Amino acid sequence: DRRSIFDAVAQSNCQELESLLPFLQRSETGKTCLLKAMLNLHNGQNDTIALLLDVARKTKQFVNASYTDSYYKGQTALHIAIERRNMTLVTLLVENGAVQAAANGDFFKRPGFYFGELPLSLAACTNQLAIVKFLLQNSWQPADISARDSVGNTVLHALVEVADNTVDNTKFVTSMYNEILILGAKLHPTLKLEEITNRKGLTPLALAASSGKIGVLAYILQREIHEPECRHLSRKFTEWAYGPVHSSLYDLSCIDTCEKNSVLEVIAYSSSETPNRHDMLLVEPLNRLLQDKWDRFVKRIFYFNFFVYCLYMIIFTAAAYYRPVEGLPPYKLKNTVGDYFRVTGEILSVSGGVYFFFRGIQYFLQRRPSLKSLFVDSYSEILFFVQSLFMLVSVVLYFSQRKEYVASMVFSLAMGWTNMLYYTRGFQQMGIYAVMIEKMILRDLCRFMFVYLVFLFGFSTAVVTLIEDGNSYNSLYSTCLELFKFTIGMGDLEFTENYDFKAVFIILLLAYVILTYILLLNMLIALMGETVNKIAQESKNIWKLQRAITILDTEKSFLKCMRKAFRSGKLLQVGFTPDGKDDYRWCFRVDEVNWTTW
Amino acid sequence: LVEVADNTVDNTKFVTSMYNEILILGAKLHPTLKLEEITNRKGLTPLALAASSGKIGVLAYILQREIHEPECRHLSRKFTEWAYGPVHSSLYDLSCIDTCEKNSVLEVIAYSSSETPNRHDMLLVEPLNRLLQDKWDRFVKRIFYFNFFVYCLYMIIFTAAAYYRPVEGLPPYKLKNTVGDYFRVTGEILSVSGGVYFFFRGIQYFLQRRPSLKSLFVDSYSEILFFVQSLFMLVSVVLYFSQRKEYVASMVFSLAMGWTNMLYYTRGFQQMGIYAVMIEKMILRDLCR
Ligand SMILES: COc1cc(CNC(=O)CCCC/C=C/C(C)C)ccc1O
Ligand SMILES: COc1cc(CNC(=O)CCCC/C=C/C(C)C)ccc1O
């Protein structure tokens, strides 16, 4: 009976198996007998697997027995052996004929564990170097290293897929990455594993850069290997050293400009769901690269753009200033030179407006941002787009015989000038100040203004339900104002004599002053102090990221003027390679010094 | 053993050790008996006693208790349901944490009279954190938002009826045939009904909770304020059928407190609840000094 043998194997006794074997020959889930045996195995107490294998051999078609349920769909006995750190059973299964099995079930894709869908990926992802060595070098059937799973994740893909940014996890993930990469080199010196890409097309380096795994990225970018056979695996090199001085190179294989999305363009354009996209510009080559680009070929472009915006704002201001006032829009052009100048200024203004409108639309299309985090990812794109909207609405209402266009233009102009702060990112000690303004406007004023409006409305309704109006203080707008003024140090504790009782009125105003002016407002000062003292450092990081985005956008914009004139680094030969005795890369040089090493 | 702990590391250490040893010994000597169920004159189980007295260490121990011995695996309160790689899925007992015979652990932690040293860290134990978050996620967030919306509507109609109070003569006022006057009187009746609701809620809270007189502004700052708003509303009612125009001096107060009390509902949101807590603490200490 099937249940009798199941009970026996769970009992770890072979007596029933021995009794039934002669009769065996004489004659939902789908779990295999050997599968249950290894599952119900303690201290190697399960030996009936060998008996079952020998019985089957005495009778290929069984060494590939796999689960069927959607939860464990495809789960294989080799995977079960590996999960338990089984070497003897794994080797026995491999020799007997039981390495490219695909465990495409849900559990391997809710609560679950992802390692890839191959035995090699499982063995690597579980910190088992010896087992992966044997699996990839098993003589009966060698486990392939280039096998590709459903979503495309190979073993290196998976190793990136598993990190968590911790010290020990990053430690052994990097260790196994290095070992498996050297092993793939020696077994297949012709192949280059890293180039492989998943369904999304992201290289493991690009994947570790997008997902947020800084440790793996720092590793991959700072990678050098000395072995004579496989020195081509390096991305870093040392070009000389004299005393305590050194001069190293870096690879920049496709960091600068890559096939689809390089590392830098993916770090900068991360949608802020990533944990740390701000520390991820701390790696040495990226810091040096951004500083170099800023120094050489984009500081002048940024200052030119800033000067052009300043001039645009000056003419917009000085044309809006002299707007015609008599009659209705439009206005008939006078023969005077000044009127010509004014209309030229207006046309310049509207041209800038449409430019900014199209830039905003294009940014939206390319970037495809969310709706909940749109005021955290990009605070300034929204504001430039809004200024453009106001300018265009004013245009719409200036050819529509209406004088409300000014109410638009004013707004626009204000935003215009206030937006000059956008350009204070090219300077550190001002960019950090603008970042702090950003953060406070987003958090502190929102909280404080909700609470303050609750208090103000409560007490102003309480004070208009008292007045009787028997000027026109019997208003909720005018009471809302006269009580707002208290906050700006202009509150007149007696602004009206229309009230039944004086004690109630004055107790009401005193409670309001004590609760908002003395308590709340000084509390806001205190909370601003604490928030400043916290974000002192995150502001620097966000400024760095802002400037990085500025550099990337500028280089993308003027690819027409100089698409390849400004390439980072120099095309150098670091060394030879066994493949073709050629190793020429666009490498980047940095010096260094040290005294302890000597 | 619960009666002796002091929340220190070593005292908690050996108190837990001896608790475990004596419990296993009682199991082996008397496998039929269950010691924990026993209760003192007050009727509090040792777990409930360690939860009420403030002994967080002993509570964390008792709630996170598992035993592997074949004979006495029934002593566990925690279990492991599977593990595949680096992953695990554990269970917890909740014997009578949720709803217990007289006073469960949770109802006794929450309702501690603040004489207890640390009733705020005592919700840091894993099962209680997870339980509170789960309940909030599933079946009470909607109820809280519904109550908050109802209070907002009550406050809006109270405000907009108090706003248009009749001004000529003395109270009461003869209902005009105008539709607006009908609307106004309906609003007033709604207001007073809410007022009596809040008054009875305050009285019931006092009776059940039996708080002190020196620490009444530390234990519950908002029950007092809701009760006071109800008192002002009821006094205004008393002076609106007593031919007197001082009722307004009451109502105004009431309304103010009303709107200011909306902050009570900012506890369902973390970054606003913390702000309201800070307002509470400053009003209690700094403004007084
Ligand atoms: C443009 O980029 C930035 C801009 C700012 C300053 N601008 C603001 O804070 C927005 C204020 C808008 C107020 C306009 C009100 C009108 C309706 C009268 C700080 C950091 C930046 O990165
Ligand atoms: C209702 O619960 C809360 C309420 C508040 C704010 N409310 C207060 O501070 C009380 C102020 C009362 C002032 C009234 C004065 C009248 C006499 C004119 C903070 C935290 C909470 O938990």
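So you know, we letter chains A, B, ... as the sequences are listed, proteins then strands, and number each from 1. Scope of the values below: all heavy atoms of this structure, side chains included, with no hydrogens, waters or symmetry mates. Counting convention: from 1, in listed order, for ligands and their atoms alike. Not the full deposit; the contacts listed refer only to the portion displayed.
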J.: Can you identify the drug or drug candidate present at ligand 2?
T.: capsaicin
J.: What are the letters of the other chains having a heavy atom under 4.0 Å from capsaicin (ligand 2)?
T.: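 The other chains in heavy-atom contact are A, B.
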J.: Look up the source organism of chain B in the entry.
T.: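 Going by the entry: Rattus norvegicus.
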J.: UniProt resiniferatoxin-binding residues in chain B with a heavy atom under 4.0 Å from capsaicin (ligand 2)?
T.: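 Heavy-atom check against UniProt gives B:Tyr221, B:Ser222, B:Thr260, B:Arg267.
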J.: What is the residue-level binding site of capsaicin (ligand 2) with heavy atoms closer than 4.0 Å?
T.: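 Counting heavy atoms, it is made of A:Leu508, A:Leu515, B:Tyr221, B:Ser222, B:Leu225, B:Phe253, B:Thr260, B:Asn261, B:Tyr264, B:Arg267, B:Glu280, B:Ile283.
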